[PDB]
Q: 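Attached: Large neutral amino acids transporter small subunit 1 with nanvuranlat bound.
Simply put, chain letters go A, B, ... down the sequence lines. Here the PDB entry sets the residue numbers for chain A, with the shown residues being 162-631 in order. In chain B, numbers come from the PDB entry; the residues present are 44-507, in order. Atom set for the values below is all heavy atoms of this structure, side chains included, hydrogens, waters and symmetry mates excluded. Just so you know, ligand 1 is whichever comes first in the structure, and atom 1 is the first atom listed for that ligand.
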Amino acid sequence: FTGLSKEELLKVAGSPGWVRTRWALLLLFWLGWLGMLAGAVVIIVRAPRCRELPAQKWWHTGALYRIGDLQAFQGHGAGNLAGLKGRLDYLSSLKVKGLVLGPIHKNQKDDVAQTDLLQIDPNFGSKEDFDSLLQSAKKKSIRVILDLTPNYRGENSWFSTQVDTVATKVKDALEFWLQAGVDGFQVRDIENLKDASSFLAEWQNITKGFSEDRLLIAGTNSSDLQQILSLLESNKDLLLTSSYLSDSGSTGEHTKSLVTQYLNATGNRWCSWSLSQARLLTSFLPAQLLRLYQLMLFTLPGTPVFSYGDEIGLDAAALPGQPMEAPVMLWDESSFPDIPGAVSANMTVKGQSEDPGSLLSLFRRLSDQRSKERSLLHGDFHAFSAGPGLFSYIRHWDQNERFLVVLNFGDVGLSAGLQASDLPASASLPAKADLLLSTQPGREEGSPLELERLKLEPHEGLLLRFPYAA
Amino acid sequence: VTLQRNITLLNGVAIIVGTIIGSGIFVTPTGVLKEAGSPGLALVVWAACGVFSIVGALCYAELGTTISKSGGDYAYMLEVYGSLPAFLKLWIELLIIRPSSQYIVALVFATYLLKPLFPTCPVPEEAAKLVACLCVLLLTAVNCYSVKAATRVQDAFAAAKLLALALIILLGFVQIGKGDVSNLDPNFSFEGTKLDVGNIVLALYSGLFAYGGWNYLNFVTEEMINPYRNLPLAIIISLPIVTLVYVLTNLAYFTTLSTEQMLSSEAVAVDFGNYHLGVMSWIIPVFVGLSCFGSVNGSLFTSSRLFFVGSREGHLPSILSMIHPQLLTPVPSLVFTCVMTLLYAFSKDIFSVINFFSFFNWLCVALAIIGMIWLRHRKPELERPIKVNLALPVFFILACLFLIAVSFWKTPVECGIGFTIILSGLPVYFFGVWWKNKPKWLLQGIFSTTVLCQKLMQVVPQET
Ligand SMILES: Nc1cc(COc2c(Cl)cc(C[C@H](N)C(=O)O)cc2Cl)c2oc(-c3ccccc3)nc2c1
Ligand SMILES: *[C@@H]1O[C@H](CO)[C@@H](O[C@@H]2O[C@H](CO)[C@@H](O)[C@H](O)[C@H]2NC(C)=O)[C@H](O)[C@H]1NC(C)=O
Ligand SMILES: *[C@@H]1O[C@H](CO)[C@@H](O[C@@H]2O[C@H](CO)[C@@H](O)[C@H](O)[C@H]2NC(C)=O)[C@H](O)[C@H]1NC(C)=O
Ligand SMILES: *[C@@H]1O[C@H](CO)[C@@H](O[C@@H]2O[C@H](CO)[C@@H](O)[C@H](O)[C@H]2NC(C)=O)[C@H](O)[C@H]1NC(C)=O
């Protein structure tokens, strides 16, 4: 303790058989270190590797917002494009990575000579203002998609007269708007223009030849799968929105049947999941199913398309003297100068922003969850059978958080009865799963919930998550 | 001819900069942006953190050169306070704080060395703990062989770290030289009024983690070359350089990556190498890992010295602090340090253990700098080769009290458990040293173990 003697200790430690002991211990330490290094190398080599990264474009990572007419979205007076500059922040709050801005080219009757899509209508605004809107959107990381439906006022939506002129005009305005700076195009009512497949293929070819980050959308009014599939034959990069999804309003398993059939026929490729081309949810559904469809469209494998007023649950039947196609946006209690009391406090964006049980809160949380999560971004989708009226599926990419969505379309409550028995063992759901949210309030959140005692009240949905399992 | 004195002013700077710069800047630079939002607020808050570190470091260097004794942050407390608080601090350091930062840094080095192998999927833990253990064992062997090799390797790795930071800032400035700026010229990105209650103080709290080694070189002193001259010079050379580098690289990070995508990140300082230089990106993360490597050595060094000094006062058993001749290296102390650092490899978590005692260093700096004022009040005649403007120690006391209050208010449960752990360590000293005059059934066994360990390791006690 007080310090052992310096000299005798040094001289005693020289006897053969003990000086070699320290050499043996040092060699043992070094060989143990080498063995542990070799074991670490062996463990590193024998391990699964990262699969890949699909290198997705800009429209794969978020929703899309449709604004058919700026007059109703903004209000009376401020019908110009610059007004959207004051509202883009709101859209950036919704976390929408697109903006399908409606047609702006001049059109006032069924005429063809003086109605052209070369330059903007004078009443809408100015070219410099449109460029200002483009630069403001680019600063805000929002991509503006234009629309070039030649006729939208009359019933004849695509000039059922000779079609060479309109095709030439479209092909001439295309590169014009490309060098203008837009990031996509949309053409609606594709069933009116003759031999649509060849023209769509040509337009897709030119747009994709200009750049690798351009997008083209087509809109059709047919709910038949065969017609849609035949349209998507010649070209494959197309984004096609059709009214095929809805087809219902009193049936629950029909939606699952259509979704699975479409995914199987198209080859598990990229598709747009929308209820219609220029219509919102409340046109085809009652007020008791909006949250279910908002939860379904924000988890299916594709780019979801919503119209304006689809997050506050805007409905056109609840107000009188209101156009069905383009109702005004209920920003606040001052929606109309007259009838002060017909509107309610929960029909405005301000009254729904902070309400926990509002539609807008669910929309914001779902959009934020879809924008960032990789499994929801480009994860594989697998569906399994369930009870009489349950739609349940799994999103899983490689090793991230797996998501399990279960929706109840029935009018009465029933037990879940979850069972797959067919999915690959890689992403088998466990007996214990977490929770994210419920469409209708009255349940717990944030804590694990056992998957065998699951119950579902009528018109409900669950967004459980579970981590990667070995 | 001297026992061990090989640290110059171009070495000490290596030790300080290596200890300061670990994974704080590469891995987690997004806390300040999350708290504040605006790049300007982040820049000014990093500048404020730098100046706070400067005012702390100058006072600590003056205190260290006032009492030129090895084992800083404990020798001052031992000489001012006495035997109980010094033992409490030393025991908690050797138990939970000192051999845990080294393990976490070894783990981060192992993780960011294997990142190119698994760019997306997480690195397996069975292969990430073993690399950390390999690093710790090799560094302990290097330190036990000699001290010259340790100094050379620490200097080389500090140079590599500074070279990597120079490379990243040069690439950022080259991108600045292009036709794209992507900077908030016209308007403010964010105002950052208040997140919940933490308007400003949260940025200060999670802006002082990038620093921390401003105060280590004092754990090594009495082994330096002319300490009275080269310790304050080492601090003055090291600290403003590191704060300027932090601010400038934060500016580069802001001006080369957008706020939205970089805020939602988990393994920052890899996407920077992937986006800009594209192919052969593995030169950015791997080199970063090498950085952490060197830092461990630095810390390891000081750790040994600490346990070399505590046992000098009878606080720790006399078996330690028994150098090995013909190499002049404290073999038992280094072996003890390596073993205690390895002992925490069984903790399956990374959040606990060290997050209970975040307030501990903050209170200990104040507890060791009040000794400055006490010594100035009692014995105002000790030699002082350097003097700074007065009334700064009281300002630093105010800042330290504010910081411990902020840490307690932000998270009181973890701080309470940490207080329970530190307070529960008194029995080991109450019945460990005070219980003298023990019979001959225990002392002889301890002496026998000491002599057999001496024979096994071929060590001799320190000579005067
Ligand atoms: N009471 C206490 C005191 C200190 C000493 O002060 C620091 C040291 Cl010794 C090193 C660093 C890391 C360095 N600043 C970097 O750039 O990563 C921060 C602090 Cl506050 C701790 O360090 C660490 C630490 C350092 C790196 C990884 C994981 C944990 N925990 C500490 C707990
Ligand atoms: C886009 O259309 C172009 C123009 O036809 C296609 O390019 C060629 O088409 C001609 C038709 O005579 C063939 O001779 C060539 O073999 C085609 N070459 C290519 C590039 O395949 C092209 O196939 C279409 N696809 C795209 C997007 O390039
Ligand atoms: C549509 O999905 C069905 C169900 O898998 C497929 O139809 C058969 O599926 C079984 C099992 O996968 C295969 O052994 C048969 O070869 C499939 N027959 C057909 C029609 O190909 C089918 O593969 C999917 N797509 C279609 C209609 O070919
Ligand atoms: C907005 O919240 C009010 C609060 O309940 C809802 O008011 C009910 O309105 C429904 C039909 O809209 C009636 O059946 C109930 O009698 C109303 N209850 C009360 C107490 O007002 C309202 O439904 C909510 N949303 C709508 C559609 O405005």
Q: I need every copy of nanvuranlat for my figure - which ligands or chains are they?
A: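 Including duplicates, the model places it at ligand 1.
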Q: Judged by heavy atoms, which other chains are less than 4.0 Å from nanvuranlat (ligand 1)?
A: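 Under 4.0 Å by non-hydrogen atoms: B.
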Q: Restricting to heavy atoms under 4.0 Å from nanvuranlat (ligand 1), which transmembrane segments of chain B are involved, by UniProt's count from the N terminus?
A: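 UniProt segments with a heavy atom under 4.0 Å: 1, 3, 6, 7, 10.
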Q: Would you mind checking whether the entry has nanvuranlat (ligand 1) attached by a covalent bond, and to what residue and atom?
A: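 There is no covalent bond to a chain.
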Q: Quick one: what's the binding site of nanvuranlat (ligand 1) if I count heavy atoms under 4.0 Å?
A: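 Counting heavy atoms, the site comprises B:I63, B:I64, B:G65, B:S66, B:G67, B:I140, B:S144, B:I147, B:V148, B:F252, B:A253, B:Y254, B:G255, B:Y259, B:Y289, B:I397, B:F400, B:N404.
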